[PDB]
Novice: 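I'd like to talk through a structure of zolpidem bound to Gamma-aminobutyric acid receptor subunit gamma-2.
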Amino acid sequence: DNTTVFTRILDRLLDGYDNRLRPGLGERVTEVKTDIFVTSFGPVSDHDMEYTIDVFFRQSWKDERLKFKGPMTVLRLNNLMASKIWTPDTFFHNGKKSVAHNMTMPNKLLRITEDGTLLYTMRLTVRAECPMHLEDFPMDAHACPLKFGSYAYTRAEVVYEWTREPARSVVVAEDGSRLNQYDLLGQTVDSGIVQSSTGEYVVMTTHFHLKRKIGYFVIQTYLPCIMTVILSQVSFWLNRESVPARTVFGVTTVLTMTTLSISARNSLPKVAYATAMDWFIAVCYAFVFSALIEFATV
Amino acid sequence: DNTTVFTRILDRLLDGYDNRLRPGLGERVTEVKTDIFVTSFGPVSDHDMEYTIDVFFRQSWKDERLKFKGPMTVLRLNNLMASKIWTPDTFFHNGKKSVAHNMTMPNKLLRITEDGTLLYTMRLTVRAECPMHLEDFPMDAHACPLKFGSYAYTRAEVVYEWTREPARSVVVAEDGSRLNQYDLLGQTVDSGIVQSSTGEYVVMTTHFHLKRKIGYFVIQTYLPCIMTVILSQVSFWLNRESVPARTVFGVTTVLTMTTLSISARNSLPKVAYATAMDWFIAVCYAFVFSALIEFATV
Amino acid sequence: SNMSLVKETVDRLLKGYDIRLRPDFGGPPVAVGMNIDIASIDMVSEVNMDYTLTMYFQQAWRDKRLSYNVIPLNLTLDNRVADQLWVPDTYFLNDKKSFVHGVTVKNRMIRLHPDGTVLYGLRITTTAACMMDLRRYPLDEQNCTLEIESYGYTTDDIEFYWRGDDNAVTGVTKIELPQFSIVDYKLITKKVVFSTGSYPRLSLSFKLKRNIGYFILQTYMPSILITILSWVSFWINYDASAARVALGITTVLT
Amino acid sequence: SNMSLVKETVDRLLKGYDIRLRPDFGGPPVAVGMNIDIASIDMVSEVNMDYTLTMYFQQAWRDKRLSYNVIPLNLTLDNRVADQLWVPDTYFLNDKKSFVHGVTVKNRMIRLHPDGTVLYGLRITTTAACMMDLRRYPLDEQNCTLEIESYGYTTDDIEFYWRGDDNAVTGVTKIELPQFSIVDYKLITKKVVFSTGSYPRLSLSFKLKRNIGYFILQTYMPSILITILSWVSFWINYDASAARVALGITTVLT
Amino acid sequence: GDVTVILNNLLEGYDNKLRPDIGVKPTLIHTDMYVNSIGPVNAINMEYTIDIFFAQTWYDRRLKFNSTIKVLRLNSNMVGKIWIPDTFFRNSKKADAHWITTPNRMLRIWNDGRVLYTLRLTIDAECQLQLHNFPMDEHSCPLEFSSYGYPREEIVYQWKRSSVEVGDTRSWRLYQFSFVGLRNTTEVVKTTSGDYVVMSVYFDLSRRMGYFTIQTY
Amino acid sequence: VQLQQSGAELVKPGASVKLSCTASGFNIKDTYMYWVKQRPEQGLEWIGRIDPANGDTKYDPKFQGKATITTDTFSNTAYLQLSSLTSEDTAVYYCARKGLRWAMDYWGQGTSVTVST
Amino acid sequence: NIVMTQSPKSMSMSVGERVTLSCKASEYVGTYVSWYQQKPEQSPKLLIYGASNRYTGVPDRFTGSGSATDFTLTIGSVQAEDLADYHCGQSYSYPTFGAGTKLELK
Ligand SMILES: *[C@@H]1O[C@H](CO)[C@@H](O[C@@H]2O[C@H](CO)[C@@H](O[C@@H]3O[C@H](CO[C@H]4O[C@H](CO[C@H]5O[C@H](CO)[C@@H](O)[C@H](O)[C@@H]5O[C@H]5O[C@H](CO)[C@@H](O)[C@H](O)[C@@H]5O)[C@@H](O)[C@H](O[C@H]5O[C@H](CO)[C@@H](O)[C@H](O)[C@@H]5O)[C@@H]4O)[C@@H](O)[C@H](O[C@H]4O[C@H](CO)[C@@H](O)[C@H](O)[C@@H]4O[C@H]4O[C@H](CO)[C@@H](O)[C@H](O)[C@@H]4O[C@H]4O[C@H](CO)[C@@H](O)[C@H](O)[C@@H]4O)[C@@H]3O)[C@H](O)[C@H]2NC(C)=O)[C@H](O)[C@H]1NC(C)=O
Ligand SMILES: *[C@@H]1O[C@H](CO)[C@@H](O[C@@H]2O[C@H](CO)[C@@H](O[C@@H]3O[C@H](CO)[C@@H](O)[C@H](O)[C@@H]3O)[C@H](O)[C@H]2NC(C)=O)[C@H](O)[C@H]1NC(C)=O
Ligand SMILES: *[C@@H]1O[C@H](CO)[C@@H](O[C@@H]2O[C@H](CO)[C@@H](O[C@@H]3O[C@H](CO)[C@@H](O)[C@H](O)[C@@H]3O)[C@H](O)[C@H]2NC(C)=O)[C@H](O)[C@H]1NC(C)=O
Ligand SMILES: *[C@@H]1O[C@H](CO)[C@@H](O[C@@H]2O[C@H](CO)[C@@H](O[C@@H]3O[C@H](CO)[C@@H](O)[C@H](O)[C@@H]3O)[C@H](O)[C@H]2NC(C)=O)[C@H](O)[C@H]1NC(C)=O
Ligand SMILES: *[C@@H]1O[C@H](CO)[C@@H](O[C@@H]2O[C@H](CO)[C@@H](O)[C@H](O)[C@H]2NC(C)=O)[C@H](O)[C@H]1NC(C)=O
Ligand SMILES: Cc1ccc(-c2nc3ccc(C)cn3c2CC(=O)N(C)C)cc1
Ligand SMILES: Cc1ccc(-c2nc3ccc(C)cn3c2CC(=O)N(C)C)cc1
Ligand SMILES: Cc1ccc(-c2nc3ccc(C)cn3c2CC(=O)N(C)C)cc1
Ligand SMILES: *[C@@H]1O[C@H](CO)[C@@H](O)[C@H](O)[C@H]1NC(C)=O
Ligand SMILES: *[C@@H]1O[C@H](CO)[C@@H](O)[C@H](O)[C@H]1NC(C)=O
């Protein structure tokens, strides 16, 4: 007792409930209101060209079949109740490998309001592909997208919308930022349509604008390259008669420029095109090699 | 059918059976006889301070509820029967991560004797932590433990014991040794008590005694160091006029010494204290510098 | 006796038990006491900005639906009973990857008491994220935390507290790290507000001080003694240009 | 019809079927025939002392309870039926980690025959421990093996044999490895005794010979050269100390 | 609801262990494929990644229904209730479907019993690269698939003219390779358990020498 | 489907006025309710919005205090009340409903609120 | 506060031919720009919701487009019923409307 009334309410709700059918299957279109809270913007992987993001993924929709009358206006139920009812089959269009967290128990919540409205939040770590053009590397900025929508329900059946104003519908926790070599300038949301052979689907888009931090690349490539160039330069002040000295300087500097070139190329992915750092390295290499040619002519 | 009698026997055994309650839940103490057969002693990771071991973990106990009278004295049953009955929840206290193999089916064994004795064996790969002090590295020996006992059952409910004599209950296959740079000298077992926030528990301990093989470290770190010292010393016999030659001797000998110093440290984890190899490298390093100072002063 | 009695008691307890409803579903919040026994801080990586923590996570609460008086002793039941009972939906916000140890069986405990109290234990190893400020590296002190929170239940439904409030967390002094030392730790009880409500959060945090001993002989001594070697150029006769050139360039390469 | 009758017979076969008891529980051992089709040997590693092996692992045994005569065709059933049928508990003793492929569904086959035979296919990738003797590396030949035996059933309950005994393992010729060449392979049948009893063991072993061509140019050639240039010092007059000393000492460094 | 009644009738007396027309004729399955992306082609492991939307269409006499609803549009809840072909990729080192937020599976059933079943897959297909001519080598290596346990007498796969379509190709992960084009193929392969219709799609990839130029030349 | 907004109101300067927007054919709890004023022959300007299910209200930064949006879920009505009225408040006030892509799909007939003596 | 600049402020273009209304946004408003029609002495009527979507029961001569900040509304052929004031509003953030442009025939 003291909960038999609630047990009866829940048992009545599920009784004669078909969770294979979306709410309002024939009468109307199921309107799912979506919201994202980013508890942490994970590190960006350039080699894999992906970023990790940990979020509270909130979805809300109205289910007439779940209307109830009871002492409580909102039923805060366990996650396991969510499997017995219809929930949207949202998927991430550009998601590579996403994990639904389950410690200690599935990180999901289901809340039912007496009017039939449902709130369904889950905790996720989404790994989404973020295509990048690295022609300006390491002084480059990217808008990493997070597209999501419904699998198996077209615009005519399930549509997605932001719970609140689109500008305020994707919220990033102030302290949640696991970026090391990037800066999160802001996020932008959009809504559109995906044209598919199976139909037309609603896609909700979010773009996170990142600008790469250059301090590490400065310290590891540009300052060493400038220092190698100057080390090659100082040979001119050296004595002409010290031919072995100047030869050692030149050859060692050229070897040093090759090792910096090869070590700098491995950091970024094996893209075909040439990045800004590549041009800087090439020009520094040319300068040191010209110093060697000048010593040879002398 | 000849199988109908056994189906009836198994249905009578499991009728009105509670696998949530240990044998003798209120009257006596469930005494679990334990036995280990090491099919292979996996590699020992010094950097992670852990070792891998593959075993057949054997546990035996008596369950009066499972007494039967049939044409056979022992029921060799499919492992899925193990889930239908009560089994001890043994766990490894110092296990970092374990695998209960189930290819192609759960590698488990369940034999019920007519008098209610149970034999429950399983194939496991236990990755356990082996705290190890590396002061005498690479001339160091370790006693890597393997502690196991019950989860949630105190000594007043479940007590463990070795099946055979304690000196003969951990058996290692002669061909089953996956060690590369360690020598397995033997194993010792002990049984004790552990006090936790939840109660008092029986802990069964096995210690595997390991001796590190030095040959790799000989050929990789010592011979290079003695050779470097002698190569630095050869500079003594050279002419006092050959200043650049002896200078190059000194500088490149120190180059080799620094390379060997950095290359030796990664061969073992990041330990604050200094190992024997570090002392040897430091002494050879001091000798090389000594020789260099002799050349510089002369 | 003592076996059929226990079986019928447990059967009656689980009869008509609604796992979908928390203790006092329509009443006041259920209080859950958190008890932790740190087993090890397995590794602390600056590359991944996380650390691995193995622990015995214990939760205690009261479920009057699981109250019995016909048998006088604490009941320990097979861990699979935890699936038929209600357990708090505790989660660690800052965990990247975690699991419950499952050998030989799920390392989980269910202990019932006559008054209805439920002691629920788990052996959990979790990789938790903690951003590190490496400006003073390797002379830095890090502060990595584990944030324990309820997912679906607000402060109206559930409340968290440390059982003991000083002895709630044990085993910290025993932990040994190859390149770290635990300066101290703190247990914090607070509340966090999200768009969906206010939730109870507990935070266990450690102050880690890095051991400089390894880094000395790994990076500082080589650089120092390479500088010592570089100074040797002065003692050599300045006529031998090639010798001093080789010396200096070798030091730069080192 | 040919659908109602098939459904009827399949319903009859699984009605009152005791999965816990092997075929002929009290009688003679059940004979299981083994076929392997080596899809590939992905990677042989010296550091990890193992090799990955993808294969189609098929087992054939005869089960009286699964005999039907009202339909003259071989019934291939959706592999979910295997969860309701007895299958031998075969396992690979020397495997580290293995999985059955699960896309688009579990890569599993169950085929019944009117005489009672059951074909049980599985697609398995297995990382098997293969300890190596590197005395003659890279001039060495390894003997990686795969040890198949029954876990719960002794030789009084089960007997393994190769189905064909010569063409039981296929695809070894088609296998390709970047660094190894498969000299030959052998199929062995035997019985291994443990304290729990005696069990049937099958062994599949490959002879792998390292392709020296890579290593010659990769390692020996730089060595051969460096030790040749080291002889250039002889042709130079001993008067010029700097050149000879630099050449020898840099050869040593290389 | 009406759809609830229809679905209840369809599943009543339905054996998902038996394929349609089990004792009659081979089940003809039409397969399409949308190549969402061709992931990196790493030669060290001798494999390549590909993300696809696999679609399969067949006819199930047991799923015929008469009603004004012409197509039953369903989510993944029904995938495991009806019979599904056991298609697998023969040269896959490892593949997995997608499960966030729910199983990325769709199921549509028409009046005439036709079933359309699509799902999202990422496959680490293995193909041998003949690294002669590298880094000028050109490769064209497959993504084969077939039924695991059903020989050609029971399951037959068939392509469509517009079965295989590709994405934009600009967001693809190919860095050192360029996608020249694709071709499809069907054949019969002799196996220990019988003859199986093996369907193949070949992706022609041309290497880019630009990166290795900078790296080594 | 239709918002039966109140009638035109004549208000002396400095006197608060209550404007009601009655919704029919839908539950205001479902969507947001908006209030928009249009000056004579001028562009529209958003005043504020209310989320009746939650009760939250946001305002054009220039209307803090000068306006107050409230709802009556039981009455299925939205109210706008202006604290103080000046010569600048003699406009037409519209009630609108949040639409498909956050568009104001349904508008009320409007209320003429003239401030004069 | 996104400011939607709507131009031209007025039009007297001849009946029967093309009309182009261009609305520009100060900041990014992805596709949440809507077009409302306001006939004299009457409440506004929604014409375009989102960018390039028509509302139910709208003449097919109306069509819009726009991506980030440049949005336009096009009428294939004017009619006597199209003589009305048109306002562009954004809903990416708290709503703001444009100045509105009057359409006239002559
Ligand atoms: C050795 O031991 C191994 C370890 O046990 C063992 O591996 C395990 O094998 C089993 C069986 O093969 C696996 O169980 C299956 O899993 C399928 C999905 O697999 C993927 O996902 C799971 C994780 O599961 C979570 O997420 C999925 C995704 O949505 C959910 O479906 C689950 O509910 C679950 O969600 C919970 O967990 C979340 C987070 O953890 C929580 O947030 C959440 O709230 C939930 O609590 C992964 O483990 C899998 O990864 C592994 O497998 C891949 C294979 O390629 C490997 O590559 C990888 O490395 C991993 O090893 C994988 O990603 C399920 O679909 C499947 O369940 C269906 O089938 C069974 C059998 O018929 C049914 O009983 C079951 O009910 C399901 O059918 C229903 O659902 C389908 C839709 O999928 C419907 O189409 C169908 O009609 C039916 O609907 C009906 O029932 C519904 C009730 O469910 C009802 O709602 C409907 O209305 C309708 O009535 C099955 O559970 C298990 O995952 C493996 N685990 C691991 C670790 O490998 C291995 O096989 C053993 N080896 C041998 C040789 O024996
Ligand atoms: C995520 O965590 C949840 C919470 O535990 C897991 O749910 C558990 O799922 C297992 C596997 O299905 C359930 O065990 C099963 O029970 C049924 C009887 O109900 C039995 O037929 C099966 O053989 C199996 O034993 C378990 O009850 C369930 N626990 C609860 C309370 O939810 C879920 O599996 C996790 N997801 C994954 C796969 O990571
Ligand atoms: C590691 O980092 C955490 C996070 O900053 C530190 O926790 C902080 O601890 C202090 C003192 O224990 C908290 O301040 C206190 O707040 C209460 C609020 O009622 C106030 O009454 C006290 O007077 C005091 O100001 C602080 O809130 C807390 N941080 C957070 C985010 O909650 C922790 O001390 C650090 N060190 C260790 C060893 O954990
Ligand atoms: C790789 O290593 C395995 C294991 O050492 C080799 O298997 C061995 O094969 C020989 C020849 O078939 C077996 O000898 C046989 O012994 C039986 C014992 O009664 C005897 O009756 C036969 O006449 C024959 O002499 C040997 O037992 C077997 N080793 C084991 C442990 O079973 C294998 O040959 C090696 N090479 C390859 C390519 O697999
Ligand atoms: C993919 O497979 C389809 C079907 O096998 C091929 O379709 C044929 O296309 C040619 C045009 O070159 C037509 O002449 C044939 O009539 C088509 N066959 C059928 C049955 O329609 C298609 O060419 C294949 N695509 C490739 C190989 O790239
Ligand atoms: C053969 C085939 C073709 C297309 C699909 C398919 N089904 C969907 C459903 C939803 C969404 C968003 C995308 N879907 C796609 C793929 C697609 O069209 N893209 C990516 C543009 C499935 C099988
Ligand atoms: C943190 C750090 C420190 C030093 C380097 C460095 N590495 C090189 C290699 C070669 C040459 C010529 C100069 N190098 C320099 C010089 C430098 O960076 N300075 C002086 C600030 C890079 C990073
Ligand atoms: C497999 C291998 C190969 C070479 C070495 C090696 N590394 C050094 C470094 C320095 C010096 C002076 C000599 N080195 C030698 C060779 C050597 O010391 N021998 C022969 C006694 C070690 C292991
Ligand atoms: C159960 O355990 C608690 C705490 O360990 C103890 O106080 C209590 O006496 C125990 N109950 C019984 C019946 O022993
Ligand atoms: C059934 O399988 C057996 C296996 O050997 C084969 O010989 C026989 O021809 C098959 N029967 C039919 C009808 O295909």
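First the proteins, then the strands, lettered A, B, ... as listed; each starts at 1. All values below come from the heavy atoms of this structure, side chains included, with hydrogens, waters and symmetry mates left out. Readers should note that the entry appears only in part, and the reported contacts come from within that part. Counting starts at 1 for both ligands and their atoms, following the listed order.
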Novice: Specify the chains or ligands that represent zolpidem.
Specialist: ligands 6, 7 and 8
Novice: Other chains near zolpidem (ligand 6) with a heavy-atom separation under 4.0 Å: which ones?
Specialist: A, E
Novice: Apart from zolpidem (ligand 6) itself, which ligands or ions come within less than 4.0 Å of that drug?
Specialist: none
Novice: Name chain A exactly as the entry does.
Specialist: Gamma-aminobutyric acid receptor subunit alpha-1
Novice: Write out the residues of other chains lying under 4.0 Å from zolpidem (ligand 6), heavy atoms counted.
Specialist: A:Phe91, A:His93, A:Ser150, A:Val194, A:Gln195, A:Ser196, A:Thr198, A:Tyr201, E:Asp32, E:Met33, E:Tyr34, E:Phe53, E:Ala55, E:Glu165
